[PDB]
Amino acid sequence: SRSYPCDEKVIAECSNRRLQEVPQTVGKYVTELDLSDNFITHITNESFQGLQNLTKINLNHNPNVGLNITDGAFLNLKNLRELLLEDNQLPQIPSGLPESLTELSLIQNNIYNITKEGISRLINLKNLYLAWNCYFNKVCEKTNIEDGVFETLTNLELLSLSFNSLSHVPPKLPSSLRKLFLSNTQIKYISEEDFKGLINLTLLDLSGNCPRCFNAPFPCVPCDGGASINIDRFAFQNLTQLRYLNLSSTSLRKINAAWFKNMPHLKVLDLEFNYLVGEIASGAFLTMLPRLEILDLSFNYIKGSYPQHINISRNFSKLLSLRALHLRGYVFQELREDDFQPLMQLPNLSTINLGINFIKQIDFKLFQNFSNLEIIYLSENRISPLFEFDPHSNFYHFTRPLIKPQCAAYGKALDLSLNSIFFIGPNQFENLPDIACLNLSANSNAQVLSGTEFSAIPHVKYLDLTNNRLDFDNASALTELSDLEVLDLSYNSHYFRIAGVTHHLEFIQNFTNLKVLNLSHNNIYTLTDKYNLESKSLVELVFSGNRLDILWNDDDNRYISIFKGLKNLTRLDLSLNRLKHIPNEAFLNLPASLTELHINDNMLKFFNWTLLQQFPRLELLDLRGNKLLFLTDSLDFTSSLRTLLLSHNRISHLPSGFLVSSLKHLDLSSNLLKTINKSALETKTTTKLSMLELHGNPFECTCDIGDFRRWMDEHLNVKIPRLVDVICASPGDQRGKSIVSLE
Amino acid sequence: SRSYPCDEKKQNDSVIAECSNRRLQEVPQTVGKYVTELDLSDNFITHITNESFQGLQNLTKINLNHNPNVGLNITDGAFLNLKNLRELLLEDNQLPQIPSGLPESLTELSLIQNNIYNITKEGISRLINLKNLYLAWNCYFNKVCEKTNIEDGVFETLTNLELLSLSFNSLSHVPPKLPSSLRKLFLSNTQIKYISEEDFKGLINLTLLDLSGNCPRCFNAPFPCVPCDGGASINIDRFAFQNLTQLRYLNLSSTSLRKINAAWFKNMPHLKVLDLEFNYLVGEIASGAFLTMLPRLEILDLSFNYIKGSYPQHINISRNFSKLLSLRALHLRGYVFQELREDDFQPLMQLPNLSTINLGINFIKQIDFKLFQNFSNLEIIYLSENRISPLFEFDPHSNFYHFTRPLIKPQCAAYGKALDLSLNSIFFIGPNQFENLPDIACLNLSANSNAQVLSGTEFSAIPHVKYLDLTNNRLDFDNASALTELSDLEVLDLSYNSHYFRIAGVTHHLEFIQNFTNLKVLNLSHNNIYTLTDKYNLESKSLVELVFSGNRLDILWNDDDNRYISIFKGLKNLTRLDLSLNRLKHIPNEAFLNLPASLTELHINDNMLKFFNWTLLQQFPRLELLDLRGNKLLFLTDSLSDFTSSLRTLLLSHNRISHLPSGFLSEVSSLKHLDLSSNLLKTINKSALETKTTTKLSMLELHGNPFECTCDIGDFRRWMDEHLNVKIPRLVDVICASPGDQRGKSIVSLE
Ligand SMILES: *[C@@H]1O[C@H](CO)[C@@H](O[C@@H]2O[C@H](CO)[C@@H](O[C@@H]3O[C@H](CO[C@H]4O[C@H](CO)[C@@H](O)[C@H](O)[C@@H]4O)[C@@H](O)[C@H](O)[C@@H]3O)[C@H](O)[C@H]2NC(C)=O)[C@H](O)[C@H]1NC(C)=O
Ligand SMILES: *[C@@H]1O[C@H](CO)[C@@H](O[C@@H]2O[C@H](CO)[C@@H](O[C@@H]3O[C@H](CO)[C@@H](O)[C@H](O)[C@@H]3O)[C@H](O)[C@H]2NC(C)=O)[C@H](O)[C@H]1NC(C)=O
Ligand SMILES: *[C@@H]1O[C@H](CO)[C@@H](O[C@@H]2O[C@H](CO)[C@@H](O[C@@H]3O[C@H](CO)[C@@H](O)[C@H](O)[C@@H]3O)[C@H](O)[C@H]2NC(C)=O)[C@H](O)[C@H]1NC(C)=O
Ligand SMILES: *[C@@H]1O[C@H](CO)[C@@H](O[C@@H]2O[C@H](CO)[C@@H](O[C@@H]3O[C@H](CO)[C@@H](O)[C@H](O)[C@@H]3O)[C@H](O)[C@H]2NC(C)=O)[C@H](O)[C@H]1NC(C)=O
Ligand SMILES: CCCC[C@](C)(CO)Nc1nc(N)nc2cc(F)cnc12
Ligand SMILES: CCCC[C@](C)(CO)Nc1nc(N)nc2cc(F)cnc12
Ligand SMILES: *[C@@H]1O[C@H](CO)[C@@H](O)[C@H](O)[C@H]1NC(C)=O
Ligand SMILES: *[C@@H]1O[C@H](CO)[C@@H](O)[C@H](O)[C@H]1NC(C)=O
Ligand SMILES: *[C@@H]1O[C@H](CO)[C@@H](O)[C@H](O)[C@H]1NC(C)=O
Ligand SMILES: *[C@@H]1O[C@H](CO)[C@@H](O)[C@H](O)[C@H]1NC(C)=O
Ligand SMILES: *[C@@H]1O[C@H](CO)[C@@H](O)[C@H](O)[C@H]1NC(C)=O
Ligand SMILES: *[C@@H]1O[C@H](CO)[C@@H](O)[C@H](O)[C@H]1NC(C)=O
């Protein structure tokens, strides 16, 4: 049958549905139940009375804008393995939890007391998350950890107590632990006893203890006098399995090399937001990490200091397994070749990260002297022409890839974005490696590209030129990049805005391998001499955020064939072009090779459906966010349409038998359908419709809805998502309830 | 006595009825019988007949433009029942012909943007009182049209015609037999290749002649452009303007002129404005004998005369330019040249009244700024949109070849000499960028991608700037002495400088605001401010208006952080504060109580507020305007009168208020303007309509509410009847939503 209120694929997706109590209509065979972001206020032993096969329960953020849990409310669920109770304003750990629990997360509550009565019986616990309960300027209490409360959990592998006021590492920790998170715990001193027996530990996070608070984007409290964290010389002597060490924001001025004497597997060392400029120049500890792969030393700048060069110790040459060196926020003016000599013979160093250093000039000749550089990240510098925090993410840096993977996959990547290379000189890219991926976005480049600017790096396959002010006055622009496959020219509207200047786009045709071209948000409304775009290779063209409403206006025919010359085109995005109307000849001149057409977010008051006959490969047609009022009677016009997106229009009536042929996905949500008559379901053929979206329609829940209700019951192969949002607008006794909950 | 469907206003004892854009299908017969001016524009009216305007005889002007909205059938003599109509507006109506039977009373008739290709004598020659006749934009561009047939001598009868505009129709020749009463003649884009002597021989009182767009310059045209055979110039004879002694405006833009006959201007010594845009006059600008024949010329526009494919080192200005002693503004856009030296503008430096020089869109790379000091009195130096580096889609009522907007915003130019360097690439300001400059009072450095750390010495050479535009840059605020050398600075615009503000790891210092004694207006909008360094408060004993829209007060006033709780309190003189577009889901009670008590205007619109602590208004005794539009407010307070004695305007549109609290229109007798439009009000019952008191409530907006139009409405309906002093705008949109018998229907339309 059709599940309600949840969607059961056995997991029951039942989140964000404005539920006020645990639904009693959940299938008795569900394995995992996700009830997050609902308005649930109480949990008793009757709430999950019929779901004894439950292993995972998600009750995060309830009620959405506290959660009362009775003692033993979960006790009857003897298969409950994972219980997520985040953002519930819980004042205590819930009493009488099932001993079958292996993962429990109480992140972001008001729990200031970790008691034996609450935790010391869940001896099967492997992951325990208690982070973010008392932090910053929250009015809260210092965390009380009963002596030996974790001593019972002999199978505990992960313990997270970060962002609580602990002041001391808890004693009597089980030696089964592999990951210990103690970030922002006000722990000023690490004794020799604190981790004496954790011989299985692979991760240790002591970040944010005695923090560096200058320019902190959060309420920050330094240790007395901004002193360093006090780590005993033998505090790590038995952590021989450690792979991850996070010492970010611990006010370190000196790194004791003896910390790593017995740490042969250390792979990632985080040292952000310290005062390690002197250690970077000396680096006695660097001798001890020949297996280290990632070293983050970012934001160690000295306040008010803008040195001429970066001082990299020669001992960086001992990091023989280094693959990624992160040196953001060191702040220096010039990168000379000899400054990076200690790094030039590392065999696996493929990522160098020098973002946000206010570097004025770089001798790009030095990057060729490297063994295996794959990612050169120089974004956000000063190079000139030649609750607030996600508790489940990294706190001191974003974890997204430095360069988009679609660009980095082509080969070596150079990122010069967010600088002020406002024009490319003739020798800007001399003595560089064979760059395949180049990011020059947001440089305010206003120059006329002619066909020589990228001659020194002619093998670029993916070129990012977004957010500039490029001046297209040469038909030979970018033609020296004959192997170019992806070109991004989004947000270059500066000169396209001005009618009096020339706009030449003819260079598009001089490419044999160009596949992806993005001209979005350029305000294109006039072109010079050649009015048509032409390419025999181009596969995808993104033309959103332009003025096709002007290019195709009724008193102008020069642009009637603007896209016809894109003979290989399969994907075309015409969204956000302010189109109230598409001339029939202009639509008929779109490439017949199209398989995907987006005309969403315009102002289309009418769509000529019969013209679809000239597009036998059209699988996807996107017309969401328009003002369409009518559908065609005999959709005779296509045998290829698999997806029809029509949400946010003004359709008030559905044609007879519309629910067609190869249509598998039909989106009619957010329209003006009051009902779906029996005429629309009087289909001859057997339907292949697998998803039909109808939420947001002002359905009239009288007796006339019964014919469509039975159609739903007959076709359970047609998945109707968000049935809780397919809501009756009429009559008053049904306004607010789902159409599936009537007589 | 409340009007419907039109809004009947009053203007110097005249009666206007504003009835535009109301989805009307027929001309309403409920207008007042005293109305003199009726605006029925932008409706869905399809027919105009004998009976469409019965009994409305003081009617002097009618606006039927844009009908129907997204043709208009006018029957013969549908107006002649009138006796006083002087102005008839019939624009954009798809009329196939000039309507027949229009009254002899017409002094102005506008037929712009129709399908009229036949100017017959039946239609126009009977209207002896016509002063202005508009027929432009009927066959133009690639529109499927017909050539304009002008019946010979049809304008011969209108001996009172002062304005005739036939622009953007295919005329081929200047119409013969024009009445000598003509003072303005528009023949733009009319495919008139030749101007003979008989063409304007009899119009001795003409003050403007528009011949633009004939034999046009078609390169880079933003419209379908058809040049004369071989790109030839327009052919105007030597004596074509000999009898035009009263001409003050001459438009010859886009006529592909290569040479100008100086004798054309011999007998027009009063010519004030000469438009020569979009031609090929680079040679005439350097030689130019005609420049000696314009002694009273005040405005000379030579823009976009560039030679295609040419990028000369310097601009070549004839020394005969010094003969333009009455010149006030020189527009030299689109000349395209690399360098501006002081020797190149010597012919201009002795003109007494030259105040505006416009050099935009020239791709100038270097300018010797010392040349502007030698000018007698330059007030506007427009150098926007160049390449300086560190040292229907056309409005038928606007100019077709340039925008008529002021070059500098008037609020800036009012302070004195203005220098516009916007839209260049001055990405940092060197120690001598502004040396040898005049006493600049108004400086526009916007959109230069400037990433400099201002530190107090960048503007020393021009220390009397009162209005500084630094918008759309990437400024780096790491110095507390930034801009402090501009001691007289009164307006500082720092909009759209979010580049470094969004990076949490770099510093953001805003302490320099306090060092100004005369700063009145500060705009920090759309900067994404959410973290500051060291000092968390904005302080100024002079600041009057702070625009803080488009920032992140939702993060700054986060519940787990109190550092920014008094961010605005140190603005002791602040009277206007804009906190819109800050994604606020709630304001902490202590945060609102720390807003400056001197506030009279507070904007918190377009956020996400679901609750508002109305009690806190007790601490703002001068608050006159509270703008809470575009939020998610669910309730109103029982006790607004107990919380404020000063609030005059309360804007609450686009919220979720479904109930009006009892006694909401009495008691509060400082409130003149209450906006409850686009809310969730289903009814307003008698209890909220109590009036104890004085009630200064004058305006009450309610359109967009889903009104329950049963008999419960009846009491609010009769509250409207008994309170005509309360204007309720747009009754057409105060619409019943239920039941279906009255849906889509205005609430005054009911028994
Ligand atoms: C100090 O440095 C530490 C070492 O880098 C940081 O630790 C990391 O912390 C983040 C933030 O929570 C963790 O990220 C999460 O990991 C979980 C679990 O991931 C695993 O399992 C899933 C499927 O079960 C799998 O897909 C993943 O790839 C993992 O194998 C994710 O569910 C979250 O979405 C999020 O990614 C890291 O896992 C953790 N690193 C390690 C090695 O455990 C620590 O955050 C730093 N301290 C601060 C204050 O930032
Ligand atoms: C300019 O237009 C291009 C072409 O569409 C944009 O690039 C593309 O961005 C989409 C995301 O909208 C990428 O699709 C995705 O790939 C990921 C990773 O495999 C996948 O998980 C997603 O489901 C989705 O399929 C697409 O790969 C990417 N194409 C290329 C060649 O990079 C680009 O983002 C636009 N630029 C701007 C500034 O908007
Ligand atoms: C400093 O230079 C900048 C760059 O030219 C000036 O900005 C421009 O300002 C004008 C006037 O506000 C904008 O024009 C208008 O657009 C609005 C909305 O589209 C419209 O309602 C008005 O009728 C007018 O047409 C123009 O778009 C804008 N351009 C850019 C690129 O920002 C700025 O005004 C100058 N500052 C001073 C004090 O003069
Ligand atoms: C940055 O914020 C300032 C301060 O509000 C903005 O300036 C002001 O813009 C308003 C219009 O939004 C001007 O108001 C108007 O003045 C005209 C002319 O008198 C009047 O006809 C209107 O009814 C309205 O009252 C105001 O004068 C002006 N103030 C100043 C000192 O220039 C500015 O536009 C904002 N900048 C950006 C880029 O948003
Ligand atoms: C105002 C339009 C100039 C038209 C013309 C002559 C075309 O060649 N010139 C230039 N057009 C463009 N688009 N950019 C340039 C940049 C320069 F630095 C110099 N000249 C040009
Ligand atoms: C990573 C932020 C460094 C913070 C610190 C040391 C503040 O003094 N430095 C600079 N901060 C800012 N905001 N801008 C600059 C620009 C420069 F050219 C040089 N240094 C700075
Ligand atoms: C490190 O680089 C060398 C090249 O000298 C290569 O042989 C080796 O496989 C690399 N190591 C890893 C782990 O990729
Ligand atoms: C280029 O840099 C910009 C700015 O950092 C970034 O938004 C964009 O994703 C980058 N592009 C690629 C392909 O990495
Ligand atoms: C393109 O630029 C090159 C180099 O500046 C130039 O030689 C060529 O003429 C240009 N092509 C044009 C303007 O069509
Ligand atoms: C058409 O697109 C396909 C898919 O990328 C590509 O393989 C083919 O080469 C393109 N056609 C031409 C002529 O380049
Ligand atoms: C749809 O396009 C066809 C052209 O094939 C045309 O004949 C038809 O009139 C169009 N329909 C509408 C409603 O304009
Ligand atoms: C409004 O703020 C005051 C603080 O003066 C507080 O006492 C009151 O409870 C607040 N009201 C609401 C509804 O939060």
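One letter per chain, A onward, in the order of the sequence lines. The residue numbers of chain A are those assigned by the PDB entry, with the residues present covering 31-39, 45-100, 113-433, 459-707, 709-732, 735-818 sequentially. So for chain B, numbering is the PDB entry's, and the shown residues are 31-100, 113-433, 459-818, in order. Whatever order the structure lists ligands and atoms in, that order sets their numbers, starting from 1. Method reported for this entry: X-ray crystallography, 2.5 Å. These values consider heavy atoms only, across backbone and side chains, with no hydrogens, waters or symmetry-generated copies.
- Lab note: drug at ligand 6, from diazepam, selgantolimod, equilin, identified as selgantolimod.
- In this PDB structure, UniProt names the chief binding partner of selgantolimod (ligand 6) as Toll-like receptor 8.
- Other chains in heavy-atom contact with selgantolimod (ligand 6) below 4.0 Å, by letter: A, B.
- Within 4.0 Å of selgantolimod (ligand 6) on heavy-atom distance sit the residues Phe346(A), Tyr348(A), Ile349(A), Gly351(A), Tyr353(A), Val378(A), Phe405(A), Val520(B), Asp543(B), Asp545(B), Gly572(B), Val573(B), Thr574(B).
- Using a 4.0 Å cut-off to heavy atoms of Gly572(B), the atoms of selgantolimod (ligand 6) that qualify are 1 (C), 2 (C).
- The PDB header gives the source organism of chain A as Homo sapiens.
- Nearest to atom 11 (N) of selgantolimod (ligand 6) among the protein's heavy atoms is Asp545(B) OD2, 3.1 Å.
- Considering backbone and side-chain N/O atoms, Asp543(B) comes within less than 3.5 Å of an N/O atom of selgantolimod (ligand 6).
- Among protein heavy atoms, the minimum distance from atom 17 (C) of selgantolimod (ligand 6) is reached at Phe405(A) CG, 3.6 Å.
- In this structure, the protein non-hydrogen atom closest to atom 4 (C) of selgantolimod (ligand 6) is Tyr348(A) CE1, 3.6 Å.
- For selgantolimod (ligand 6), the atoms lying closer than 4.0 Å to a non-hydrogen atom of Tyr353(A) are 18 (F), 19 (C).
- The closest protein non-hydrogen atom to atom 3 (C) of selgantolimod (ligand 6) is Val378(A) CG2, 3.6 Å.
- Lab note: no covalent bond from selgantolimod (ligand 6) to a chain.
- Close approach to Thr574(B) involves these atoms of selgantolimod (ligand 6), each under 4.0 Å from a residue heavy atom: 7 (C), 11 (N), 12 (C), 13 (N).
- Near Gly351(A), meaning under 4.0 Å from one of its heavy atoms, selgantolimod (ligand 6) places the atoms 6 (C), 8 (O).
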